[PDB]
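Before any comments, here is the structure.
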Amino acid sequence: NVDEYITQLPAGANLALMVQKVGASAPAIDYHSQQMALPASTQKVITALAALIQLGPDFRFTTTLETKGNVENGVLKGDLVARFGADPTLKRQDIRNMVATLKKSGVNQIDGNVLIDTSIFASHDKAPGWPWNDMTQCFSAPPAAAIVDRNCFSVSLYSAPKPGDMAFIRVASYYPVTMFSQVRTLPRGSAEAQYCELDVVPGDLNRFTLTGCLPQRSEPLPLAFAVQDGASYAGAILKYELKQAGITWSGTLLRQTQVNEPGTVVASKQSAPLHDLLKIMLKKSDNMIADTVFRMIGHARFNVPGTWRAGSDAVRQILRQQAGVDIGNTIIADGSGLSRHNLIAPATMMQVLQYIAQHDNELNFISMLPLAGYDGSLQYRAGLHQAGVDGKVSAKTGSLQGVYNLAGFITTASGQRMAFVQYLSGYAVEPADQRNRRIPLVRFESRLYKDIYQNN
Ligand SMILES: *C(=O)[C@@H](NC(=O)Cc1ccccc1)[C@@H]1N[C@@H](C(=O)O)C(C)(C)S1
């Protein structure tokens with residue numbers, strides 16, 4: 001009763017839907033299944049499959065400290081290279097530990113430069129089609145080769161006691177960022193409060209200026225922002241940890257972007273295995289893991305510094321050549337599904353899902369998807385709960401402004417496992433219905449998935 005369920009949805013919402021028994025060649029439900037749509041975070045299903053095929057479940061991201069030169073009486077005569085590898089889980093502590101290892105190895109002083117090497121990747125750290133306005137948000141932090149603590153930092157914004165005075169910013173001292181406030185404090189119930197925005201404006205070298213207005217508040221406003229220049233940020237963290245460990249140097253911090261032969265590895269950190277990281281990625285919809293993996297796929301397949309284009313080409317090739325899926329006119333722009341350039345039909349995603357199901361004993365893939373009513377993004381999915389399908393749906397969600405997708409597997413009343421793709425976009429509610437905007441979605445899903453479960 002798809003057309004009927006559609007009437008639950010806001011005016012003019014666009015659904016493309018396909019439901020098909022695992023291993024079958026004809027769908028049970030086909031509603032605009034050939035139509036292209038924005039996949040949002042369901043793109044991560046493709047990223048995970050191509051990643052397992054190209055890199056394997058035991059791949060680890062790695063970061064090293066390398067020396068180029070001889071060490072004479074504790075002095076490195078040459079450069080220290082910190083070679084980053086797009087590990088999305090690297091932490092400040094890891095940098096601190098690698099420096100401790102460097103110190104313990106006998107290096108007290110560097111007669112030379114400190115190089116922040118990001119040559120594993122090239123070109124922009126932002127995928128084509130990502131909205132500019134989200135670039136300062138942590139969910140869209142540029143997934144650079146140099147990541148520390150997810151390239152996200154937090155700040156506290158305090159209103160001035162005196163209306164009219166500048167709001168002021170508190171930030172922890174260890175974050176190598178530079179904050180400026182041009183934020184005017186407003187009285188509690190100002191009319192100027194209506195159209196005066198509070199904005200963040202990023203500058204070079206991880207400078208951020210806050211502008212606009214802030215109404216007086218009793219508690220400081222917590223804000224979190226994305227680092228725009230990972231290389232500089234990681235360099236500053238490295239500089240701080242070197243100084244704390246008493247290692248001095250004569251040169252400066254420089255970027256090394258061109259491919260080069262590695263020095264001797266004196267310290268290293270490897271991530272958890274790729275299967276573990278893909279699990280986090282699929283359970284929680286981790287954009288940063290998805291996108292670091294995506295550019296790593298292209299680097300590994302083509303032996304070139306990883307770029308968005310190389311990743312797109314690689315994923316297409318892997319799907320066709322290793323999984324037997326020709327994605328045709330599909331557009332793959334990134335790994336996370338954030339890009340509004342991504343475009344794929346349910347019927348194409350269905351081929352991917354059918355491949356995964358067929359090879360699931362090899363891939364151990366379906367166990368990584370959120371299980372409705374249990375974990376990940378589906379722990380609390382109201383539509384699926386009310387449908388009676390908790391514990392019976394393993395599926396990847398995808399959500400952007402106006403896009404509410406699901407893609408995965410359902411075990412039905414008969415025990416038949418079915419793959420399904422729900423691509424719902426163009427979803428918008430009347431301006432006076434905003435913080436209720438999700439009830440039509442919930443009503444739609446409750447009915448749809450009960451139907452699928454009960455009738456198959
Ligand atoms: C993929 O769809 C991702 N979407 C976004 O990051 C956009 C977004 C949405 C809401 C708040 C902030 C940013 C991830 N997938 C969705 C999803 O699976 O529904 C999440 C909300 C889990 S983020």
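One is the number of the first residue; the rest follow in order along the sequence. First listed ligand is number 1; within each ligand, the first listed atom is number 1. Note that these values count all heavy atoms, side chains included, but never hydrogens, waters or copies made by symmetry. How was it done? The header gives X-ray crystallography, 1.6 Å.
- The drug placed at ligand 1 in this model is benzylpenicillin (bound form).
- Structurally, the greatest contact with benzylpenicillin (bound form, ligand 1) is made by what UniProt calls D-alanyl-D-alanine carboxypeptidase DacB.
- Within 4.0 Å of benzylpenicillin (bound form, ligand 1) on heavy-atom distance sit the residues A40, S41, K44, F139, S285, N287, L338, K396, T397, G398, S399, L400.
- Not a single N or O atom of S336, backbone or side chain, sits closer than 3.5 Å to an N or O atom of benzylpenicillin (bound form, ligand 1).
- For benzylpenicillin (bound form, ligand 1), the atoms closer than 4.0 angstrom to any heavy atom of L338 are 5 (C), 6 (O).
- Among the substrate-binding residues UniProt records for chain A, the set within 4.0 Å of benzylpenicillin (bound form, ligand 1) by heavy-atom distance is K396.
- Where the criterion is an N or O separation shorter than 3.5 Å, residue side chain and backbone included, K284 fails it with respect to benzylpenicillin (bound form, ligand 1).
- Looking at the UniProt active-site residues in chain A, the one nearest to benzylpenicillin (bound form, ligand 1) by heavy-atom distance, rounded to 1 Å, is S41, 1 Å.
- Close contacts between benzylpenicillin (bound form, ligand 1) and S41 involve ligand atoms 1 (C), 2 (O), 3 (C), 4 (N), 14 (C), 15 (N) [criterion: under 4.0 Å to a heavy atom].
- The protein non-hydrogen atom at the shortest distance from atom 22 (C) of benzylpenicillin (bound form, ligand 1) is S285 CB, 3.8 Å.
- Within benzylpenicillin (bound form, ligand 1), the atoms closer than 4.0 Å to a non-hydrogen atom of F139 are 6 (O), 12 (C), 13 (C), numbered from 1 in the order shown.
- With hydrogens left out, the protein atom closest to atom 6 (O) of benzylpenicillin (bound form, ligand 1) is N287 ND2, 3.0 Å, a heavy atom.
- In this PDB entry, the covalent tether of benzylpenicillin (bound form, ligand 1) is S41 OG.
- Looking only at heavy atoms of the protein, atom 10 (C) of benzylpenicillin (bound form, ligand 1) is closest to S399 O, 4.9 Å.
- At a 3.5 angstrom cut-off on N or O pairs, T397 counts as close to benzylpenicillin (bound form, ligand 1).
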